[PDB]
Amino acid sequence: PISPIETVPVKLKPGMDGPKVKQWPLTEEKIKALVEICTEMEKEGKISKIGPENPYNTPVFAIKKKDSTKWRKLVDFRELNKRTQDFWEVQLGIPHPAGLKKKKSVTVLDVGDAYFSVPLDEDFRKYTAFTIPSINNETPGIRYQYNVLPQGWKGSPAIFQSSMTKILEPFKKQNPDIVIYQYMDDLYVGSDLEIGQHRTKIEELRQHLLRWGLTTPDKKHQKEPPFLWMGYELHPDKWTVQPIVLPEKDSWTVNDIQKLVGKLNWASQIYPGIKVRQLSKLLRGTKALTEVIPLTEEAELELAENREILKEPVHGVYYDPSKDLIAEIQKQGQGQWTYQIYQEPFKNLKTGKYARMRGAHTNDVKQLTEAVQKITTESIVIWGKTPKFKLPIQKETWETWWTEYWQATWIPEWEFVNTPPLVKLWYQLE
Amino acid sequence: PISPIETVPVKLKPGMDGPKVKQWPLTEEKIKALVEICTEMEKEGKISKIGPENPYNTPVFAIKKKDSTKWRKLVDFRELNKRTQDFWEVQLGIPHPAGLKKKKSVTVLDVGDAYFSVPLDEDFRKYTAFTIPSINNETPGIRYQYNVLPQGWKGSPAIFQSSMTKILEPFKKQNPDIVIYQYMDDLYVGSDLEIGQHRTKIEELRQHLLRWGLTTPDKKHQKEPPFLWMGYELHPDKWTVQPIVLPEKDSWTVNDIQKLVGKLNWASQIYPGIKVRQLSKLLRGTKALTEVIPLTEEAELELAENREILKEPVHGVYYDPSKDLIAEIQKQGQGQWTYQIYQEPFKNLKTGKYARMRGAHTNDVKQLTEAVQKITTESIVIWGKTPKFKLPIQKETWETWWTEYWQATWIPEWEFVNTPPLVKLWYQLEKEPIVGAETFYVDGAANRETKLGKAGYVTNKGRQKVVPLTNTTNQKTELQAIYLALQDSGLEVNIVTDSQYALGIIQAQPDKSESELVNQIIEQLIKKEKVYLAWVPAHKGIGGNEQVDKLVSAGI
Ligand SMILES: COc1ccc2c(c1)N(C(=O)OC(C)C)[C@@H](CSC)C(=S)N2
């Protein structure tokens, strides 16, 4: 009933062992959804049960992708990558086409089902074992192991890479200017064509992807206030940045100036060397806050210097490939959030203000997850690596609620904030 | 009585090899206590005496534990335990009683020596070799080899809890709803069958087992309804912990206060209302378990306040998947919260307490929402759902600590209760600077090595002051300076701060602390009308530092 092919020997990183992470306790409907999934899949020869001689592990979640009807399985393969894929970031790495970031319209298709065909190594499979949880620790785990290529794993598209180049060939030349990037189970596609023209260029690739095998890009549809009609069209052309909204109407009083001296004093270790003195001496006295005080003659030379230096940075943008991006988000209000993608503290590689409606759900843990997803697809298109997040949230709250509004394939590494920053003043690029 | 079940493949970590020793040569009687047991253990096929060609070994303790009537041994696999591979942990926890269902009739079957029945893979058996030499040294080389899972041995409980999950499998399939559970040497079978009909399913089981190899002499379900499961006292329709007798002394060491803080803790599952704060508060001295600590009077005040609720017993209900799950939380003061969880009103399912520690200045609204989580987490871990919350907090003071807090929070379905100790905001600072109100520039300084501070302020209308301090940290002092500054203002005030620390500590608008210093600022804030807290950087002449830190100047 089968069709046996050939295997690429996968082995372990510098004297390492397999991940022995632990399965975070799961809801009920979800544990039901996971067995609904894993059993048909067991029939499909994809996965299979193991015994005690395999002590490894990896988290399993359940997500309702796009719109409510059926659940998707997710595997926090974050540790195995950390194990195996940092040697397969070399031996078998997928190069990042650094022009994807310039191409007017990027789209993402879920080409993750294409791997479930490729068999995985008889000797390696143990490290992909995952366990399905039980309510109230009654029964011992439903313990599976992967036969084929795991759709989560970062070392899967690396294997299928060979096959992916061969299958996309006809398209890449019939459509030359199109830049295609393969990150995980995703296929990022980018052109210089306008909406109408690019949207079909993608259907083209879809059908091409259909015919040429059973690789299939899952149907896309939904309708949120923001146009989510066709595809997940990112527009790398609008990548411009100026969150720092310096108050034009604020240097009227003493308090305004006290604020104006504070924001600026951060732009000191960010923008090496700034002149603020002639302004500060204007409130050198112990005066009343609401005192509507005019600025001094030599003061404008401090405001407008920095006010024009707030129009052109210098060294910052330098991406070291032997180091990694760190994304830090900070809440700003009812809908808007602000992020900072650096790599070595204070040197901003990219900043922006995530937002959404005030008349919407206005839910904190909805926006945070939908912002985490954004910060990241952006960093794929740009750096080809997922950032380490510095989250403004309770460790234990996130662990509960993330897997709910997480309509996404990959899972970036994370961290949570212990202290209250002064960075969420009006907007601030740390 | 070897079983004919699919055995499991065990290996030793690569690079290694099985252990090899030679034990402390024993004499006449002790060997007579081993030859008897071993040469009838081989008859039952658990071991096998393979002589030459096997180079390994292990020792034999002839341990008649307690003082048994029949001699018993125990082979210490300490060295093998290191060499063998890693197994998947069976002990993935404990099914907590609160999430158990009312399975009418229940029984427990003793699968105690059901380890020696399951077989060990045919290749690993050699690494379990052990030898026993004679007194006279006449016929040495008396060495067996283990056929089944030996005692202790890393993989034993692993392989067993897996072999027996395959054994019960056809039974469980044929006849479901007759729910099975298993832990080490127990079989907790129970259903909704009228005793005799339940007494059949048990004997059915007891014979399936006897057919699969593992004998179970639990003479016709020989185990009574009241159970001692890992401390838990179990009755066929409710639960609690039975023995929980915490004595008192007159001069106890830390060694004994830790057991004390233990029991009171455990008892927190059922007994509505309990706090182990002050009993642990003094445990700071993580010294030796021999040093005596003269318990504070506030710890007895609590130890006794516990002993009452603890004396007169409390009962525990089971779960009903159809009946709601609703929990409520009461403020028990001192940054200590307590919660109870119910389906059918009043009668309790599970109770427990939350209490923030090691990191003060925390908000009550915040301390509330932290507790809720602790619960929302404990729910999913047990029942598989989330409790509809019943909370002592006004919506208009909550959404003001959702829309006002930096970190992001999230509490599911929750509804308003009514209890005298309401959780809400006692105060709140201004956003725009106040008009007319006196502007107090605050300053504070101290010694990095002379430890003698100076507090004080200056006002927009030439109104100075300085209150010298001693044994006060720079941090405390910057804090003391604002309090000072608070005291000398009318109804509405403005305060420009030196410190970011003090700023960011008064911004979060806390309430409780042991530091009378911060508690005293709090009290000023609560009675004041409109408070505004500004901020300017130190070491940069911002504000009025020129003359402001020229007055609070020390001699160094
Ligand atoms: C007095 O014994 C009991 C009363 C109520 C229950 C149990 C035991 N339960 C159990 O696992 O026992 C311990 C080891 C956790 C389970 C299944 S027992 C077939 C259930 S659903 N309710």
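The chain called A is the first sequence line; B is the second; the pattern continues. Going by the PDB entry, the residues shown for chain A are 1-430, listed in order. To match the PDB entry, the residue numbers of chain B are left as they are there, and the shown ones run 1-556. When a ligand or atom number is given, it counts from 1 through the structure's own listing order. We use all heavy atoms of the structure for the numbers below, so side chains are in, but hydrogens, waters and symmetry mates are not.
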Peer 1: Drug name at ligand 1?
Peer 2: HBY 097
Peer 1: Look up in the PDB entry the name of the chain with the most contacts to HBY 097 (ligand 1).
Peer 2: reverse transcriptase
Peer 1: Would you mind telling me which other chains place a heavy atom less than 4.0 Å from HBY 097 (ligand 1)?
Peer 2: B
Peer 1: With a cut-off of 4.0 Å on heavy-atom distances, which residues and nucleotides contact HBY 097 (ligand 1)?
Peer 2: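 Within 4.0 Å (heavy atoms), the residues are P95(B), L100(B), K101(B), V179(B), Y181(B), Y188(B), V189(B), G190(B), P225(B), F227(B), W229(B), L234(B), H235(B), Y318(B).
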